[PDB]
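Chain A is numbered as in the PDB entry; the shown residues are, in order, 848-958, 961-1054. We count ligands from 1, going down the list as the structure has it; atoms in each ligand are counted the same way. Every heavy atom of this structure was used, including side-chain atoms; hydrogens, water molecules and symmetry mates were not. Per the header of the entry, the method used was X-ray crystallography, 2.8 Å.
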Amino acid sequence: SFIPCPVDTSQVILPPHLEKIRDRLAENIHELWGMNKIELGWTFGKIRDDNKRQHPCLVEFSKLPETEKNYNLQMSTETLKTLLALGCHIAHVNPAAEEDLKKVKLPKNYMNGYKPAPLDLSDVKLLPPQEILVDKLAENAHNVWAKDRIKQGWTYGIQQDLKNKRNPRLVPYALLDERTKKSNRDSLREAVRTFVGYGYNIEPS
Ligand SMILES: Nc1ncnc2c1ncn2[C@@H]1O[C@H](COP(=O)(O)OP(=O)(O)O)[C@@H](O)[C@H]1O
Ligand SMILES: O=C1CN(/N=C/c2ccc(-c3ccc([N+](=O)[O-])cc3)o2)C(=O)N1
């Protein structure tokens, strides 16, 4: 059996000036999911058929249900709140941001009206201490996801099931396939690069 216990963010709070960056981080994380699903062969619909490859939650940020969108906004908060728990703080330095950025231009077949478009964050490099940081944050994000699922009643099986709460990935990070392990680490790379793209520096407090 496996129990997830991430780092403690219970005593920390997020200053009001950090909520502005929280809304933009959660936006760009959604466009990456739509693109990686179009690359995986999912079409559109208003009812959910796994064999037909049609799913309703492939539209813009504005029309998703309020029940589902809260999970994304809270996990954008815990990521910024966990950085304060490591003895570091983020401070805005560079004013030449928000006009120096652009979104990706994809071909016409990625389009129902909606077409995903993440930001172009490719010429943004990190220092070693910042890259060792993304290694620690990725394993914590798995533990935060793991702790919510145990409380919601989902256990481990061999086959995922929409009628019987069950998912095969209910394992420690050490018993995790590198194909999944990587995708958790790549999500934090876009998270840290999203902060630098708007002008935030990560230093000790
Ligand atoms: N790794 C992720 N990062 C951000 N948002 C995610 C992620 N995985 C799923 N979501 C969001 O969760 C919502 C519902 O997910 P859903 O389409 O039911 O996913 P799945 O079928 O893969 O479980 C979608 O709006 C999607 O954008
Ligand atoms: O099967 C699975 C799925 N999964 N990842 C769980 C996802 C679902 C959405 C989020 C999420 C993360 C970060 C932000 N953010 O920062 O904005 C917003 C939302 O975590 C996993 O680890 N094994």
Undergrad: Which pharmaceutical agent is found at ligand 2, per the PDB annotation?
TA: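 It is the drug dantrolene.
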Undergrad: Could you tell me the main partner of dantrolene (ligand 2) here, using whatever name the PDB entry has for it?
TA: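 Largest number of contacts: Ryanodine receptor 3.
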Undergrad: I can't find it - what organism does the entry give for chain A?
TA: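 By the entry, the source is Homo sapiens.
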Undergrad: Can you check which residues touch dantrolene (ligand 2) if I set the heavy-atom cut-off to 4.0 Å?
TA: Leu872, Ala873, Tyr918, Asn919, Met922, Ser923, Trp994, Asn1016, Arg1018, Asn1033
